[PDB]
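Since the structure comes first, as structure tokens, the remarks are kept for the end.
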Amino acid sequence: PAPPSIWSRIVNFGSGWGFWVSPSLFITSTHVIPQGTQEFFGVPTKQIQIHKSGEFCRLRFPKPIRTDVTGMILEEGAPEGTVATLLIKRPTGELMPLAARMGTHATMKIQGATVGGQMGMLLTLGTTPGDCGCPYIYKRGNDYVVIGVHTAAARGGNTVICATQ
Ligand SMILES: CCOC(=O)CC[C@H](C[C@@H]1CCNC1=O)NC(=O)[C@@H](CC(=O)[C@@H](NC(=O)c1cc(C)on1)C(C)C)Cc1ccc(F)cc1
């Protein structure tokens, strides 16, 4: 499960979703970002500072946009064995948190491409196309930590991939 504040940060972004780590820090997947728009949330792309590390896409805006959200902790993956939660929203509005025991951090070969991220293993419906960009989060003490965004889900198994950095 997750609090309603963490869920509010997830917003539709092109083919998938994106997560407001802070009023001005927006993370998403490289596969889902729209490649034809010169504006994001009314802010010109010329003012936005984008840094991409594989399928992890980082958007820094000049001004704060979502002043309602507190700034969370963003880190490169979670300790091996950490049971994280994949907060995937669906178009219908249904909320579908999935429990995923994170695993090895590594550079992977996904469909002939190279992706830095962390493997995960879903526990006990599943992920689908249009889910990339949704965040992985786990609770550390009393603080919430986001570790990456969804990127792929190997077929013939419950292996999921959490792009990082
Ligand atoms: C093209 C449409 O694009 C989208 O809509 C993005 C959403 C889907 C969501 C998947 C979709 C289903 N369940 C899910 O969670 N993502 C992808 O399709 C990715 C490919 C896979 O998931 C493949 N996985 C692996 O190759 C793979 C290999 C290992 C190892 O782990 N995963 C296939 C499962 C489709 C796209 C991709 C390609 C090359 C990369 F560098 C990085 C990413």
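Residue numbers count from 1 along this sequence. This entry, so its header tells us, was determined using X-ray crystallography, 2.6 Å. Indexing begins at 1, ligand by ligand and atom by atom, following the structure's order.
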Check: Name of the drug or drug candidate at ligand 1?
Finding: rupintrivir (bound form)
Margin query: Could you tell me the main partner of rupintrivir (bound form, ligand 1) here, using whatever name the PDB entry has for it?
Written below: Peptidase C37
Next item on the list: Flag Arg155 as yes when one of its N or O atoms lies below 3.5 Å from any N or O atom of rupintrivir (bound form, ligand 1), and as no otherwise.
Entry: no
Margin query: I need the source organism for chain A from the PDB entry - what is it?
Written below: Norovirus
Check: Relative to rupintrivir (bound form, ligand 1), is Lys109 under 4.0 angstrom through side chain, backbone, both or neither, heavy atoms considered?
Finding: neither
Next item on the list: Return the option from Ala152, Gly156, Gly126 holding the heavy atom at the smallest distance from atom 22 (O) of rupintrivir (bound form, ligand 1).
Entry: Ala152
Next item on the list: If you have a sec, work out which protein heavy atom is nearest atom 29 (C) of rupintrivir (bound form, ligand 1) and how many Å separate them, to one decimal?
Entry: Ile110 CD1, 3.5 Å
Note to self: Show the atoms of rupintrivir (bound form, ligand 1) that are less than 4.0 angstrom away from any heavy atom in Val115.
What the structure shows: 40 (C), 41 (F), 42 (C)
Margin query: So, regarding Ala113 and rupintrivir (bound form, ligand 1) (criterion: nitrogen or oxygen to nitrogen or oxygen, under 3.5 Å), is there a contact or not?
Written below: no
Notebook entry, point to check: For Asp131, is at least one N or O under 3.5 Å away from an N or O on rupintrivir (bound form, ligand 1)?
Noted result: no
Margin query: Which of the numbered atoms in rupintrivir (bound form, ligand 1) are under 4.0 angstrom from any heavy atom belonging to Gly130?
Written below: 5 (O), 7 (C)
Checklist line | Region of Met108 engaging rupintrivir (bound form, ligand 1) - heavy atom pairs below 4.0 Å | finding: neither
Checklist line | Under 3.5 Å: N/O of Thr127 near N/O of rupintrivir (bound form, ligand 1) | finding: yes
Notebook entry, point to check: For rupintrivir (bound form, ligand 1), which atoms have a heavy atom of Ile161 less than 4.0 angstrom away?
Noted result: 31 (O)
Item checked: Binding-site residues of rupintrivir (bound form, ligand 1), heavy-atom cut-off 4.0 Å -> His31, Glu55, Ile110, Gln111, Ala113, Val115, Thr127, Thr128, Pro129, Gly130, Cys132, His150, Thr151, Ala152, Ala153, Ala154, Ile161
What are the distances between nitrogen or oxygen atoms of rupintrivir (bound form, ligand 1) and protein nitrogen or oxygen atoms, counting only those under 3.5 Å?
unit_1: rupintrivir (bound form, ligand 1); atom_1: 13 (N); unit_2: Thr127; atom_2: O; d: 3.3
unit_1: rupintrivir (bound form, ligand 1); atom_1: 13 (N); unit_2: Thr127; atom_2: OG1; d: 3.2
unit_1: rupintrivir (bound form, ligand 1); atom_1: 15 (O); unit_2: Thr127; atom_2: OG1; d: 2.8
unit_1: rupintrivir (bound form, ligand 1); atom_1: 15 (O); unit_2: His150; atom_2: NE2; d: 2.6
unit_1: rupintrivir (bound form, ligand 1); atom_1: 16 (N); unit_2: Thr151; atom_2: O; d: 3.0
unit_1: rupintrivir (bound form, ligand 1); atom_1: 22 (O); unit_2: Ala153; atom_2: N; d: 3.4
unit_1: rupintrivir (bound form, ligand 1); atom_1: 32 (N); unit_2: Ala154; atom_2: N; d: 3.1

